[PDB]
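Consider the following structure, which contains aztreonam (open form).
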Amino acid sequence: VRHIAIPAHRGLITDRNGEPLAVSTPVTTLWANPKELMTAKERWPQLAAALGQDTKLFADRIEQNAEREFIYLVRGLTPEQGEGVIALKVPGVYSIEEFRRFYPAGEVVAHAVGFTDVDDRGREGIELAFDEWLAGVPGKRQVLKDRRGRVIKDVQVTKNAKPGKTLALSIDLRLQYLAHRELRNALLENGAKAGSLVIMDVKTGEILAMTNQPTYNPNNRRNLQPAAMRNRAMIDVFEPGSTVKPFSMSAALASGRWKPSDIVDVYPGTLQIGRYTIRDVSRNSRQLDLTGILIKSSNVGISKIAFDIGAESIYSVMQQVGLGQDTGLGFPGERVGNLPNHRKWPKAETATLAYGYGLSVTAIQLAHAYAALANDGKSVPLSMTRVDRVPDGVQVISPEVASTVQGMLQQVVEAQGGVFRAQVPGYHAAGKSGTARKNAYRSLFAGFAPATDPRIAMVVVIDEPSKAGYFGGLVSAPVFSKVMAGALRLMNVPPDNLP
Ligand SMILES: *C(=O)[C@@H](NC(=O)/C(=N\OC(C)(C)C(=O)O)c1csc(N)n1)[C@H](C)NS(=O)(=O)O
């Protein structure tokens, strides 16, 4: 190299409405030529003190690099801080105009946006995922230096730096601040270890919000534990439990063998399958209709329906909605989980599959699956970027079966003995709670609203609640309520629970 790199301007990242999320800010990097510094030793303590370096340790560094023509002194100073060191007129001290990322929303979109390294290269999240679009191409400038390495002049701009391109994400910052605030509050209120909240636009496949606890400030790195950096909604796999019962119910209704008014005997609240024992949470029931199986969240009831229709029909619905399937988002470190398949399904595996014990999914996958159901059984491909021209979508559940299932889920929320904490002020909502044993628990709520013209699907995951309450309908459902209520207002969704 007789040339020095011209860092290009990194692409602006914004939310869906142009709110900046990642801003390339001008910084100044100082470098020095030790062969020039070696003839100006009486200036070193002044230069050391301006750099925040120890006098002797700085002098040692120069003396050791004496034959080298380039050393970095300090990186990423404000243009003002850098201009101050240049003003000392220390022979052989030079500056390079660089760029450093600033994240205006900080810890609020840390996991989605990600961050760049010291070299301004995308290391996590969107920054990495879209690195090629955002980076552009670094320029080149030919220099003239005497034999001592002293930079005389810039000969030419060999290759002009081409700046990065802007990126508008699908994230609505208002919804993102709202989900972030409320998930933080739920974590603190319950003494919970971690959590995730995902908001989906059921019509466009857009991820409107994706927040996780714990989080970190991407602007102030240093000391950061791995727990805080984990983009949980995409990288944490979990058993979805009772939240998959709507999909087992879709298979039952699509079979031709079941209707909502159908009865299933669940007495005495247990069912033995060889050495394994299926157990219901509440065990004071005998005959339950299909809606009552979802309200009471009966594992016995769903297991018996699964035996009637066969696991192959259930697996097919769960596979089609995307449970344990690749999202198609080339998102760094995103997990696929697992949807177990069998050549021939045994009795025990049929039952555990129908109630979500036999499977691992992400909160993104669960939200996408509820979006398909909410969107009249049609699955629109997921997007982390703003969707202007919406792709076609795949019909994964018949519209009639999807409509019936939506109605039962509105009853789960609105009916006697139902998930009353998930109710949305002034709207009809629909959803299903889940509680998974990890005793350590995972508290879930999945749902959508308005129930009469769905617009939003949402998943709330609260990992390890440490207070008396651990059930999803008690821990996660009130989060869904507050966030959904706020999001429908922000999106000008007309209330459908009109007096
Ligand atoms: C569905 O989420 C249903 N969950 C279960 O039956 C599971 N365990 O239940 C509890 C937490 C009571 C237990 O300690 O046994 C379960 C499913 S997958 C898994 N790994 N554990 C709960 C009962 N329904 S909800 O609607 O009340 O949340």
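Numbers in chain A track the PDB entry; the residues on display, in order, are 53-490, 501-561. Note that ligands are numbered from 1 as they come in the structure, with each ligand's atoms numbered from 1 the same way. Keep in mind that the numbers below use all heavy atoms, side chains included, and drop hydrogens, waters and symmetry copies.
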Which protein or nucleic acid chain has the most heavy atoms near aztreonam (open form), under its name in the PDB entry?
Penicillin-binding protein 3
Which residue and non-hydrogen atom of the protein lie closest to atom 6 (O) of aztreonam (open form), and at what distance in Å?
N351 ND2, 2.9 Å
Is there a nitrogen or oxygen of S349 sitting under 3.5 Å from a nitrogen or oxygen of aztreonam (open form)?
yes
Short list, please: which atoms of aztreonam (open form) are under 4.0 Å from a heavy atom of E291?
18 (S), 19 (C), 20 (N)
Atom 2 (O) of aztreonam (open form): the protein heavy-atom neighbour that sits closest, reported with distance to 0.1 Å
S294 OG, 2.3 Å
Considering all protein heavy atoms, does one lie under 4.0 Å from atom 11 (C) of aztreonam (open form)?
yes
Does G535 reach aztreonam (open form), in the sense of a heavy atom lying below 4.0 Å from it?
no
With atoms numbered from 1 as shown, which atoms in aztreonam (open form) lie under 4.0 angstrom from a non-hydrogen atom of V333?
23 (C)
Which segment of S485 sits under 4.0 Å of aztreonam (open form) when only heavy atoms are counted:
both
Distance filter under 4.0 Å to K484 heavy atoms, resulting aztreonam (open form) atoms
26 (O)
Ligand-side contact atoms (aztreonam (open form)) for residue partner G486, heavy atom cut-off under 4.0 Å:
2 (O), 28 (O)
Counting from 1, what aztreonam (open form) atoms have a heavy atom of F533 closer than 4.0 Å?
12 (C), 27 (O)
Which option wins on minimum heavy-atom distance to atom 16 (C) of aztreonam (open form): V296, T487, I347?
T487
Look up the covalent bond partner of aztreonam (open form) and give residue and atom, or none.
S294 OG
Which residue owns the protein heavy atom closest to atom 14 (O) of aztreonam (open form), what's the atom, and how far is it?
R489 NE, 3.1 Å
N501 and aztreonam (open form) - part of the residue with a heavy-atom distance under 4.0 Å:
neither
Applying a 4.0 Å heavy-atom criterion (strictly less than), which segment of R331 is in contact with aztreonam (open form): side chain, backbone, both, or neither?
neither
Binding-site residues: aztreonam (open form), 4.0 Å heavy-atom cut-off:
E291, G293, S294, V333, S349, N351, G408, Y409, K484, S485, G486, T487, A488, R489, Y503, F533
